[PDB]
Amino acid sequence: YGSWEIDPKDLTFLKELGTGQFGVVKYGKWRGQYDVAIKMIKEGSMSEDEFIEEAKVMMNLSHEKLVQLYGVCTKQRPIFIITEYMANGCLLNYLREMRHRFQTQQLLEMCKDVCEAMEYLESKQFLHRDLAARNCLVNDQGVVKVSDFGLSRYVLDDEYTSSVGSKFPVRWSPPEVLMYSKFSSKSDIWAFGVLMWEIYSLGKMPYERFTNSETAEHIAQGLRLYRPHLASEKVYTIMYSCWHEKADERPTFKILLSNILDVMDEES
Ligand SMILES: */C(=C(/C#N)C(=O)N1CCC[C@@H](n2nc(-c3ccc(Oc4ccccc4)cc3F)c3c(N)ncnc32)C1)C(C)(C)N1CCN(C2COC2)CC1
């Protein structure tokens, strides 16, 4: 039909995985052989014309630390987005689960995994726009991968897209996004910094004592996240470097990967 198009007849819905961001998610089999997860893009939530075209570029993205996109179902409604099944679910839950007693080595490995994915997205000039622990997925092997990337681009409800919106990710946003709606590679850098904080805080909510509007106010005025207990000074420096007020002074994802690998070597 199209190169990435999947025939819905090749799919079979088996289990409920819950409601995800921008759609219902189900576990199933593709061609009765491969384990897949299917996100059904809620009808009318997206600007379908633009969304279908941008999905083609999205599908061409290929990386080990990006959630593997098998195909799409764009000829019917709701639109399906078919991906690999990530058995350990969302990273936020994986972090919060108290039966998991993490070592900092494992927490730094999670940061590397995402930083590799984000370095790749940066090399393709493809912005995530909503990087967080709730968005990241974990497979059966404990490898973290990035997911829902670029998916906020064409959400029709202004409460999700507007910097002053009620469902906007204020706590993962830099001052230039909150004040001026200015997204770039450096807004992804800021968010990754907050994600590092989330990881090292074992899934704690950033700026938890403040509401979203209170947080928005305090970020613009110079508030930055404190050092988590599990974060060493060197790890804190890395996540803190992501939060320069001036966007151009923030590092690239290449530089952040180099910083993480340096710490990894000394950490051993
Ligand atoms: C996280 C959940 C928990 N516990 C959690 O695990 N998940 C929420 C339910 C759906 C789960 N899930 N989603 C996918 C999946 C993601 C993305 C896509 O499509 C795209 C689109 C663009 C680029 C890449 C991928 C398809 C999918 F199928 C899963 C996969 N692949 N495997 C396994 N599980 C998947 C994720 C938390 C943070 C606790 N949770 C709380 C409730 N939240 C809803 C309330 O508002 C949202 C969801 C987030």
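Using the numbering of the PDB entry, the residues shown for chain A are 392-659, in order. We count ligands from 1, going down the list as the structure has it; atoms in each ligand are counted the same way.
- As PDB records put it, the drug at ligand 1 is rilzabrutinib (bound form).
- Most-contacted chain for rilzabrutinib (bound form) in this structure, per UniProt: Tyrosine-protein kinase BTK.
- The shortest N/O to N/O separation between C481 and rilzabrutinib (bound form) falls below 3.5 Å.
- The shortest N or O to N or O distance between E475 and rilzabrutinib (bound form) is below 3.5 Å.
- Residue counts put most contacts of chain A with rilzabrutinib (bound form) in the UniProt domain Protein kinase.
- Residue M449 places a heavy atom less than 4.0 Å from rilzabrutinib (bound form).
- Contact annotation: for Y418 versus rilzabrutinib (bound form), there are no heavy atoms closer than 4.0 Å.
- According to the PDB, the organism given as the origin of chain A is Homo sapiens.
- For atom 45 (C) of rilzabrutinib (bound form), no protein non-hydrogen atom is found at a distance below 4.0 Å.
- Residue nearest to atom 27 (C) of rilzabrutinib (bound form), selected from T474, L528, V458: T474 (by heavy-atom distance).
- Nearest protein heavy-atom neighbour of atom 34 (N) of rilzabrutinib (bound form): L408 CD1, 3.8 Å.
- Contact annotation for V416 and rilzabrutinib (bound form): only side-chain heavy atoms (C-beta onward) come within less than 4.0 Å of the ligand.
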Within the protein, flag every N or O under 3.5 Å from an N or O of rilzabrutinib (bound form), and note the pair and distance.
residue                    : atom   : partner : partner atom : Å
rilzabrutinib (bound form) : 6 (O)  : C481    : N            : 2.9
rilzabrutinib (bound form) : 31 (N) : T474    : OG1          : 2.9
rilzabrutinib (bound form) : 31 (N) : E475    : O            : 3.0
rilzabrutinib (bound form) : 32 (N) : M477    : N            : 3.0

